[PDB]
Number of protein chains: 2
Amino acid sequence: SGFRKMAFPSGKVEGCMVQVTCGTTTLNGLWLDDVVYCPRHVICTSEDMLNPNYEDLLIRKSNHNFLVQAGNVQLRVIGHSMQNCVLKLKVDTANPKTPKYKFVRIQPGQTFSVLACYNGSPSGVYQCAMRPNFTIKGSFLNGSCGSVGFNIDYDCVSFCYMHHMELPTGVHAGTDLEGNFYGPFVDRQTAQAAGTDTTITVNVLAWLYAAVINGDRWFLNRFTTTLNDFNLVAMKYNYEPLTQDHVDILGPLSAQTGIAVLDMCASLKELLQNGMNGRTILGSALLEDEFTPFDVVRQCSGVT
Amino acid sequence: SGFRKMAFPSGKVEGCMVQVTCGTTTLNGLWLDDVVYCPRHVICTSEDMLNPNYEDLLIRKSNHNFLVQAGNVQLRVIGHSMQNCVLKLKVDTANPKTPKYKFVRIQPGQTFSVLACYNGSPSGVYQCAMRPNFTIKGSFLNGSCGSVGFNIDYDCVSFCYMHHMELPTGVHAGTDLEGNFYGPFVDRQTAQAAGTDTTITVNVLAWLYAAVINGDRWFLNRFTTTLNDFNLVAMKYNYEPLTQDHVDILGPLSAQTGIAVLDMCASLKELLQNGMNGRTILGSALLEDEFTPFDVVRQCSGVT
Ligand SMILES: Cc1ccc(NC(=O)c2ccc(CN3CCN(C)CC3)cc2)cc1Nc1nc(-c2cccnc2)cs1
Ligand SMILES: Cc1ccc(NC(=O)c2ccc(CN3CCN(C)CC3)cc2)cc1Nc1nc(-c2cccnc2)cs1
C-alpha cells in the first residue's frame with residue numbers, strides 16, 4: 001500500500017559522476033568506459049555566452065585545459081571532441097564501475113530519475129517527467145549542469161537526460177546523451193522561454209487507477225463515455241488527446257481493477273468539470289500527471 | 001530553482017542489502033561488517049502470528065536454518081541472537097562495502113530516505129517523514145520487510161528505520177536499528193491501528209519559506225501575529241504547537257527571505273482560515289508538511 005514519487009536506486013550512476021573543470025568553470029561529467037561526457041558550455045567564458053562559436057572555442061583548447069577528478073583521483077585527458085552540445089573527453093583509464101548502459105532518448109510524458117550533483121558529488125535523487133513542451137520541472141542550483149537523468153531496467157542503465165540550463169520560469173532544459181536538446185532550446189544566451197504546456201492525460205488516468213488500487217474510490221461513477229466525447233472535454237481543459245494506443249496501454253490496470261478505461265474517463269471528466277469538492281486522491285488535491293502506466297504497475301500491487 | 005521531494009543517493013545502502021530466508025519466509029536484511037540485521041518475524045509461521053513467543057521460537061532455530069544471500073553469493077551464518085524486535089545474524093564475512101554508519105533514532109516530524117527492496121534487491125528510493133503518531137506513509141508491498149530508512153551526512157549513513165508491517169489504513173510501522181518500535185505497535189497479530197495524527201507546523205512554515213525562495217509570494221501579507229495567538233489557530237486546525245525553539249530553527253530561512261517567522265505565521269493563519277482560492281504553492285493545492293527546515297536549506301538556494 002501507498003504511492004510515492006519513487007526514483008530508481010542511484011548507486012550505478014553515482015559511480016559514474018566526475019568533476020570537470022575548464023578555466024574557472026566547474027561542472028559535472030559522466031564517466032563511462034574511457035570517456036567523460038559533459039555540457040560543452042564548460043569551455044565558455046562570460047564574454048562568450050552572447051554569440052559563441054563552439055567550434056572555434058574548442059579548437060583553441062588542448063587536453064591539458066580540462067581537469068577531470070573522480071573522487072580524489074585525477075583522470076588524465078588524452079583526447080577531446082564535440083558531439084552536438086556535449087563534449088567527449090577521452091581519458092586514460094576506463095571507469096571500473098561502468099554499468100551496463102544505453103543512451104536512449106525519451107518522449108514527452110515519460111518519466112525518469114535525476115541524480116542531482118555538485119562538483120562531481122551526488123547530492124540527491126528524485127523523479128521527473130519530460131513535459132509536453134520538452135522542459136522538466138527539476139530541482140537544480142548553480143553547479144548542477146552535467147547532472148543526468150536515467151531509468152534502470154534489470155541491470156541496464158538507460159541514460160536519457162543531461163542537464164544544461166535553467167529557463168526564466170524556473171524550469172529546466174537539457175539534452176539526450178548524444179548532445180541533442182530536448183525541445184527548441186540552445187546553449188547560448190537568448191530570450192528563450194518554455195512554450196505552452198499541456199497535461200499528460202494518459203498519466204492522470206494511470207494515477208486514478210493507482211488510487212483505486214490503493215482504496216480511493218469516491219470519484220468513481222456508473223457512467224461511461226465515448227473516446228470522441230472525452231476528447232472534446234480534454235481539449236477544453238488543456239489535456240492531451242487520448243488515443244486508442246493509450247487505452248491499450250492502460251489495459252493491464254483496467255483488467256486489474258475491473259474498471260474500463262472509458263469508465264475511468266467519465267470520472268476524469270467529472271473531476272475536470274466539478275473539482276474535488278474538498279477531497280483528496282492519493283494525498284493530492286490536484287490531478288497528478290507525472291506517473292506513467294509503467295510507473296503505476298511497477299509500484300502498485302498486481303492482485304486481480 | 002525548483003523544489004522536489006528529494007532522497008539521498010542510495011548507493012551506500014544498496015551495497016548493504018541482502019536476502020534472508022528462514023523456512024518459506026523471505027525478506028530483506030542489512031549487512032554491516034560481519035552482522036546481518038533483519039526483522040525477527042522472519043522466524044514466524046502462520047500458526048505463530050497469533051501469540052508468538054519469540055524467545056521460544058528462536059531457541060528452536062540453528063544457524064543452518066537461516067539462508068543469507070548477497071547477490072549471487074551465499075553468506076554462512078555462524079551466530080544468531082535477538083535484539084528487541086530485530087535479529088542479528090553473525091556471518092563469516094565482513095561486508096567490504098560497509099559505509100561509515102550510525103544507528104540513530106529519529107523524532108516525529110523528521111524526514112528520511114527509504115530504499116524499498118524485494119528479495120534483497122533494491123527497487124526504488126523515496127523520501128518519508130515520521131508522522132506525529134509514529135507511522136510513516138510509505139510505499140511498500142509484500143516482501144518489503146527489512147527495507148531501511150536513512151539519512152546521509154558527509155560520508156556517514158545514519159540508519160533510522162527498518163520496515164516491519166503495514167497497518168489497516170495502509171500506513172507503515174517499524175523499528176529503529178536497535179529493534180525498538182516507533183510508536184505503540186508490536187510485531188504480532190492484533191487489531192492495532194494508527195492513532196490520531198496532527199500536521200507538522202514547523203515543516204509547513206519551512207515549506208512556505210521554500211516557496212518564497214522559489215518565487216511564490218501570493219500568500220504573503222503585511223500582518224504579524226503573536227506566538228500565543230498563532231497557537232490558538234494551530235489547535236483549531238489540528239496543527240502542532242509552535243515553540244520558540246521552532247522559531248529559532250527557522251531563523252536562517254527568515255533571514256534569507258527577510259520575512260520574520262511570526263510574519264509568515266500570519267500567512268499560514270490566513271491559508272488555514274481561507275484556503276488557497278484556486279491557487280497553488282510549489283505545485284501543491286495542499287499545505288505540505290513533510291519537508292523539515294534542514295530539507296529546505298539543503299535543497300534551496302542560499303542567496304540573501
Ligand atoms: C546554457 C549555459 C551556457 C553557458 C554557460 N556559461 C556561462 O554563462 C559562463 C561560464 C563561465 C564563465 C567564466 N569565464 C570562463 C572561465 N574563466 C576564464 C573565467 C571567465 C562565465 C559564464 C552556462 C549555461 N547554463 C547555466 N545553467 C545554470 C543553471 C542554474 C540553475 C539550475 N540549472 C542551471 C546557470 S548558467
Ligand atoms: C508484523 C508481522 C508479523 C509476522 C509476519 N509473518 C507472517 O504473518 C507469516 C510468516 C511466515 C508464514 C509461513 N510459515 C513459516 C514458513 N514456513 C514454515 C511456512 C509457514 C506465514 C505467516 C509478518 C509481519 N509483517 C508483515 N508485513 C507485511 C507488509 C505488507 C505490505 C507492506 N508492508 C508490510 C505483510 S505481513
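A, B, ... follow the sequence lines: proteins, then strands. Residue 1 opens every chain. What's counted below: heavy atoms across the whole structure, side chains too, no hydrogens, waters or symmetry copies. Whatever order the structure lists ligands and atoms in, that order sets their numbers, starting from 1. Structure method, as recorded: X-ray crystallography, 1.6 Å.
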Could you check ligand 2 and tell me the drug name? masitinib
Main binding partner of masitinib (ligand 2), per the PDB entry: 3C-like proteinase
Using a heavy-atom cut-off of 4.0 Å, list the other chains contacting masitinib (ligand 2). B
What part of B/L141, side chain, backbone, both or neither, has a heavy atom within less than 4.0 angstrom of masitinib (ligand 2)? backbone
State which organism the PDB entry lists for chain B. Severe acute respiratory syndrome coronavirus 2
Please state which part of A/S1 comes within less than 4.0 Å of masitinib (ligand 2), counting heavy atoms only: side chain, backbone, both or neither. neither
What atoms of masitinib (ligand 2) come within less than 4.0 Å of a heavy atom belonging to B/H163? 32 (C), 33 (N), 34 (C)
Numbering as shown, the atoms of masitinib (ligand 2) that approach B/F140 to under 4.0 Å (heavy-atom distance): 31 (C), 32 (C), 33 (N)
Heavy-atom proximity to atom 3 (C) of masitinib (ligand 2), best of B/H41, B/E166, B/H164: B/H41
Main UniProt domain of chain B at the interface with masitinib (ligand 2): Peptidase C30
Please work out, at 4.0 Å between heavy atoms, whether the side chain, the backbone, both, or neither of B/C145 comes within that distance of masitinib (ligand 2). side chain
Nitrogen or oxygen atoms of B/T25 and masitinib (ligand 2) under 3.5 Å apart: no
Heavy atoms under 4.0 Å from masitinib (ligand 2): which residues of other chains qualify? B/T24, B/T25, B/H41, B/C44, B/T45, B/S46, B/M49, B/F140, B/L141, B/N142, B/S144, B/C145, B/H163, B/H164, B/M165, B/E166
